[PDB]
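Step one of this worksheet: look at the structure below.
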Amino acid sequence: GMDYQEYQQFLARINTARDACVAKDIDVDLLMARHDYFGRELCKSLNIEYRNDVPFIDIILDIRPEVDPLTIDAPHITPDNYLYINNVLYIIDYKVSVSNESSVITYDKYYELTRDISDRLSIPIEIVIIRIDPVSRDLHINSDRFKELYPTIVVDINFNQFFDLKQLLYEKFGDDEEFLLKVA
Ligand SMILES: O=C1c2c(O)c(=O)ccn2N([C@H]2c3ccccc3SCc3c2ccc(F)c3F)[C@@H]2COCCN12
Ligand SMILES: [Mn+2]
Ligand SMILES: [Mn+2]
Ligand SMILES: [Mn+2]
């Protein structure tokens, strides 16, 4: 599961919170930690270095190190990770969601903004959204090309600890109207 030091920090934050807005920050942080926890376990399965929100220009400079960083027309996107293999750039983003809604938003955006730099570099750029459903624990990957690259991708984890911390948060703030309708 998640780190013991990380778990206790959430538990301390929940026990000291008295205010809805602080409680919603803990809620958004639980989602971020849950996402990052998935990323690290996924990256282990894919045998790639764990990364998060890496600037696209740093990706171009890694795969094509002769490119002038001062004068390259690159998109201003920060994908979770990438894999450059057989002159194909796979742009990876981690998702933890019961819905594909957030996947379609990220795909449509990353696809549209990588067409030009793909033409410029003469490198095909494949957008790979890797989503785990946190209930079913099923792994859904859009990219056929990415799935043909790898053996069947298995990320055998659960989010029971995240569910538990969220449950404690709602024990304490479940009757706070300001918390229940808090966005942050
Ligand atoms: O890196 C991400 C990102 C993802 O890669 C993602 O898959 C889902 C969501 N993301 N993001 C979320 C985020 C990420 C993970 C879990 C919950 C949240 S909830 C709002 C929020 C994010 C990041 C910072 C922040 F201050 C936020 F309030 C932002 C959005 O766009 C830029 C980069 N990014
Ligand atoms: Mn990200
Ligand atoms: Mn992500
Ligand atoms: Mn695997």
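Count residues from 1 along the sequence. Header entry for method reads X-ray crystallography, 2.6 Å. Ligands are counted one by one from 1 in listed order, and the atoms in each one are counted from 1 as well.
Selecting from seocalcitol, palazestrant, tolvaptan, baloxavir, the compound at ligand 1 turns out to be baloxavir.
In this entry, more contacts with baloxavir come from one chain than from any other, and UniProt calls that chain RNA-directed RNA polymerase L. Under a 4.0 Å non-hydrogen cut-off, the residues that form the binding site of baloxavir are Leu31, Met32, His35, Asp53, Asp80, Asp93, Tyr94, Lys95. Under the PDB entry, the species noted for chain A is Bunyavirus La Crosse. Within a heavy-atom distance under 4.0 Å, baloxavir reaches the following UniProt Mn(2+)-binding residues of chain A: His35, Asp53, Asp80, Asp93, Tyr94.
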